[PDB]
**Student:** 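Consider the structure of Spike glycoprotein with JMB2002 bound.
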Amino acid sequence: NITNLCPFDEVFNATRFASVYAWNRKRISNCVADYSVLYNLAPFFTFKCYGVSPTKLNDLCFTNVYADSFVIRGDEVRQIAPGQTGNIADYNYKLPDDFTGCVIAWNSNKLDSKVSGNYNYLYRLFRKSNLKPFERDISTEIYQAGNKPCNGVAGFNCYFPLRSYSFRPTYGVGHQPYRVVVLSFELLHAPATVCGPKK
Amino acid sequence: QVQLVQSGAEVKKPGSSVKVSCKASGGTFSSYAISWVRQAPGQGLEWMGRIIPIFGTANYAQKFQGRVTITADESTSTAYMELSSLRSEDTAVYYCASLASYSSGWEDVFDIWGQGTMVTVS
Amino acid sequence: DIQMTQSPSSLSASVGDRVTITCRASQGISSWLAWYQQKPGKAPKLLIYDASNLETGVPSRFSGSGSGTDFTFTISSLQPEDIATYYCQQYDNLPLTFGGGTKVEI
């Protein structure tokens, strides 16, 4: 028994998108979730769901909804899925095995690319252990080798943990920036805060 | 908090070079990117180049390409920029500023600006 | 390189008078514009970092909006502390270009 539409507009159409390093997380509750506006429009190239189907989204109710957003390379969109492996999955953003939700990703080369630039977006390349599901790491400490302590980036394993994609138009489709939004759902019984536009 | 402190002013005859610096203070040097902006007397601001010391990448405008060099020194956290073959129209106030781009999802907009150095040819 | 035309070059207005400054890009930019405030003999201050996003600590008195080529920055009211020169900066592409600037006079 709610009437206010969910704030999907400020999540998908937002001009700014967070880095895969320190990705953003927006909570959605107490609203009507009409998903037709998402997949009906042209710019959203890819849209996949796990545990549910795109057509059934408008007919379901959800107890809690989270909208994670970030930017990754085109070839790395594959890594955004349950049980996957790779830099983004291992060190930046990992989904749970029982993930229930959908992943929306589309090309944003026109927005997020500059000729010899686009240092806005960074990703973690070194970490001692893989992240837990939905884990977040904002630290940037140097990755000391162990045979000698480190205070700054040095030789052998003493690397600076983060790196930047440096998107440019000259890159191919695979390396071009892709704007990604991940929706997570919970399907328990009442109370339920999010429901579709049903009667 | 972040603060940028620039060196003193400089006065030179034409054909010389300048070696101004801006020392980063507060936080850690692993989180700053520096850009240099020119402002001729009474005219608008002009962007020269960008330096990201951690990634070891620098960029310059087309006019200053091959004439301005920007460097940095981690040991002293001093961002260095040099201008070669000085000529009278190079006179301007030069500002050291920190980019927001080199961070999570921000852009090139300059957040913190240095006190600026007066450079004149005479 | 991408060039921006900023008009009017100078605008004079009284206390409490609304101010409107127009910045026009020669090529379409996807809202990647920022506005700065420069007091005489002082470094520019970043007022608006995105097409409409105000920086922390900047009074809501200031505002801005626009997309594509045409952008506008406005002051809801002229306080004495608002008399300054404002520049529009485009950062869609690497060769950052500042606008011609708009000198504000009481």
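Simply put, chain letters go A, B, ... down the sequence lines. All residue numbers given for chain A refer to the PDB entry; the residues shown span 331-529 in order. What you see of chain B is 1-122, where the numbers are those given in the PDB entry. We're sticking with the PDB entry numbering for chain C, so the shown stretch reads 268-373, in order.
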**Student:** So, JMB2002 - where exactly in the structure, counting duplicates?
**Tutor:**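 That would be chains B and C.
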**Student:** By number, which residues of chain A have a heavy atom within 4.5 Å of any heavy atom of JMB2002?
**Tutor:**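 On chain A, heavy atoms under 4.5 Å give A/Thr345, A/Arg346, A/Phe347, A/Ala348, A/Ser349, A/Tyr351, A/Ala352, A/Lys440, A/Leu441, A/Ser443, A/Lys444, A/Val445, A/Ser446, A/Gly447, A/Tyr449, A/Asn450, A/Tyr451, A/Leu452, A/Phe490, A/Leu492, A/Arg493, A/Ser494.
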**Student:** Tell me which residues of JMB2002 have heavy atoms closer than 4.5 Å to chain A.
**Tutor:**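 Residues with heavy atoms under 4.5 Å: B/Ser30, B/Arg50, B/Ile52, B/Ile54, B/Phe55, B/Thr57, B/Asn59, B/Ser101, B/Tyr102, B/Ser103, B/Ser104, B/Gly105, B/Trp106, B/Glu107, B/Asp108, C/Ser297, C/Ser298, C/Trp299, C/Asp317, C/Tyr358, C/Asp359, C/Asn360, C/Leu361, C/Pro362.
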**Student:** Would you happen to know the UniProt domain of chain A where most contacts with JMB2002 sit?
**Tutor:**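 The majority map to UniProt domain BetaCoV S1-CTD.
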**Student:** Could you check what the entry lists chain B as?
**Tutor:**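 Per the PDB entry: JMB2002 Fab heavy chain.
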